[PDB]
K.L.:
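Our group is looking at a structure that contains REGN10987; some questions.
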Amino acid sequence: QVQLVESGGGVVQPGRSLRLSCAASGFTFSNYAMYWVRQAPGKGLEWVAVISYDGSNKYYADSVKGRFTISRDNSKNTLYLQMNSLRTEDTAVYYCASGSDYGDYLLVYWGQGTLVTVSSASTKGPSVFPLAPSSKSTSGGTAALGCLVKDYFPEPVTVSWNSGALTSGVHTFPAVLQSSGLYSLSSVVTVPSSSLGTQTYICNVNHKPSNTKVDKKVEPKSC
Amino acid sequence: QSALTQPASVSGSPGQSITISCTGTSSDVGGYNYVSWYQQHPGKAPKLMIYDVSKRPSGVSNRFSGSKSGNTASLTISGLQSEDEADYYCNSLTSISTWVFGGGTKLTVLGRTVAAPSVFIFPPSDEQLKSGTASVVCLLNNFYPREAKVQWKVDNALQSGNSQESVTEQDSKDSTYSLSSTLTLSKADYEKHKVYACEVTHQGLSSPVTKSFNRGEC
Amino acid sequence: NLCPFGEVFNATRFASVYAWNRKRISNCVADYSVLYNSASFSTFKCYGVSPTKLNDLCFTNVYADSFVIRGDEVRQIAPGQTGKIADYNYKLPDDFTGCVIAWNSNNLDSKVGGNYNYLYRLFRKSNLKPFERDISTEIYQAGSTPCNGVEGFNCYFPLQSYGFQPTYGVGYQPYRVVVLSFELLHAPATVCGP
Ligand SMILES: *[C@@H]1O[C@H](CO)[C@@H](O[C@@H]2O[C@H](CO)[C@@H](O)[C@H](O)[C@H]2NC(C)=O)[C@H](O)[C@H]1NC(C)=O
């Protein structure tokens with residue numbers, strides 16, 4: 001078996017330096033080669049850097065050439081990447097990969113990349129707003145109800161509902177970032193009109209950087 | 001970077017044959033034969049499928065084959081099993097010792113019958129406007145093809161870039177999909193406008209569906 | 001008894017050209033026909049013998065030499081050839097020399113930035129005698145008035161590394177070579193075909 005693990009990637013502010021490590025076991029790490037590859041969320045893959053078996057030679061993409069540095073310690077089966085002057089375009093997922101007997105030029109083995117993003121915004125917590133049930137929604141005796149979060153920076157979030165005991169018809173869409181640079185998300189549940197007049201629906205949001213929860217109730221507006 | 005061109009998406013019925021193409025410079029895929037193909041299911045590290053001269057790694061089904069023709073190379077997949085929908089990327093080595101990746105092709109398998117979207121629209125007006133910002137939200141629920149197109153209409157005028165949409169992953173109970181849509185506006189502009197509407201055109205629908213409301217009704 | 005050709009061809013790492021390893025093969029049953037008809041061998045030239053006949057033959061003992069060399073140099077590994085590798089690294093005899101087998105192992109032997117584990121003799125006092133091997137790695141200065149006194153590095157160095165890169169292309173790719181020698185009459189046979 002062969003396995004690789006990346007570590008150290010995380011939140012940082014722009015213009016700073018950061019160091020990533022990748023550790024391999026199960027093969028002669030010194031013999032082949034190590035590569036770094038990154039994937040900006042929602043985009044394809046692109047190549048970042050490469051180092052040779054001896055570490056004597058290095059190559060980098062024009063976007064990172066001279067800015068980043070790649071180094072390895074073949075005595076520890078350990079690989080390292082040094083990043084300097086990080087910019088908003090470096091906010092991707094970075095994978096380490098190595099050659100194999102199939103070809104030193106081939107990204108045969110891959111780790112499970114760390115997520116790194118540069119942001120000047122602080123760990124602002126989310127705010128929760130409700131959706132307005134109405135005729136343009138409630139139709140055919142069926143209606144959708146939802147809660148909306150106002151932009152927040154930290155990556156971890158979890159939405160809870162009365163329906164959390166049985167999430168049938170409940171969705172928690174992938175969060176998205178506003179031009180402000182902070183994440184936001186929407187969650188909705190589908191319910192019958194009989195429930196709108198007989199059951200309370202309240203949403204509560206969990207945010208690990210701030211254990212103080214936020215919650216809001218949805219009620220059928222006359223609009 | 002001479003990033004290789006690829007089709008944005010391809011689709012086929014289960015058991016059919018389908019081919020993905022990759023194209024590059026005479027020194028990026030022409031000449032050398034090191035073209036390789038990678039597979040990446042969502043949420044996990046990419047796998048490889050093909051490499052030099054269409055060879056295939058051990059432990060991978062013989063259903064995948066590769067071909068090269070000068071400036072272009074292609075990957076053909078047969079016996080679609082719906083597990084191959086993972087996006088495929090081509091890769092090649094280039095002179096001046098540089099690697100290039102293709103834009104990635106997303107494969108959609110018609111693993112079930114078409115299912116129509118359910119659509120809802122909601123104003124977050126009361127709390128959001130009290131906070132000092134305005135947005136409008138439109139919801140598309142449990143559709144199948146997921147190729148849906150979404151448009152925002154204000155006073156029947158079309159808006160773009162001012163909205164952000166998010167699509168949830170395939171619901172394994174029925175392979176359906178859902179999309180969230182939301183346009184953002186400033187308090188002054190939100191008060192200037194009178195009518196708000198969202199429009200969707202999709203294979204899941206027999207004809208475009210539009211939902212609209214006037215801010216002045218309530 | 002089966003023959004170790006499997007480990008001979010698939011040894012995972014062949015010796016450098018200048019220091020070519022050898023291995024004695026004995027008491028084998030040599031399934032030459034099943035080896036020869038394989039598609040991986042880019043060349044299977046034979047001298048004084050033909051490959052299809054090889055199973056109908058039966059030599060006393062056979063040696064196999066192995067080294068990794070570049071495509072243009074593979075042409076030099078033939079009886080009667082001359083050139084830097086044939087002259088300095090591995091002089092094939094000007095006589096029978098059995099089959100020369102080569103395949104393009106660029107995948108294993110070439111590496112990004114060039115493989116420096118494989119070296120060749122840039123020059124020598126005089127060309128090697130058939131099957132001669134030497135490990136003597138001393139700078140060729142000879143001291144004297146023409147060059148820097150002995151032990152000095154002015155007069156280059158005897159060895160150089162190929163630096164096999166994928167970019168090197170089909171012309172400069174590294175091939176893996178093995179060559180077998182067959183001798184007769186000096187002893188009773190000990191290995192034969194199936
Ligand atoms: C070196 O390894 C290869 C791969 O295992 C051997 O080729 C295989 O041989 C077996 C037995 O004849 C066949 O069943 C396989 O189909 C072969 N595989 C391939 C990919 O060709 C090869 O025989 C080994 N070297 C020698 C000298 O035998």
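Sequence lines set the chain letters: A, B, ... in the order given, protein chains first and strands last, and positions in each chain run from 1. Reckoned from all heavy atoms, side chains included, excluding hydrogens, waters and symmetry mates.
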K.L.:
So, about REGN10987 - where is that in the structure, copies and all?
P.N.:
chains A and B
K.L.:
Find the chain in most contact with REGN10987 and give its name from the PDB entry.
P.N.:
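Most contacts: Spike glycoprotein.
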K.L.:
Using 4.5 Å as the cut-off, state which chain of REGN10987 shares the most heavy-atom pairs with chain C.
P.N.:
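With the most heavy-atom pairs, it is chain A.
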K.L.:
What does the entry say the source organism of chain C is?
P.N.:
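The PDB entry says Severe acute respiratory syndrome coronavirus 2.
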K.L.:
Could you check what the entry lists chain B as?
P.N.:
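Per the entry: REGN10987 Fab homologue (Light chain).
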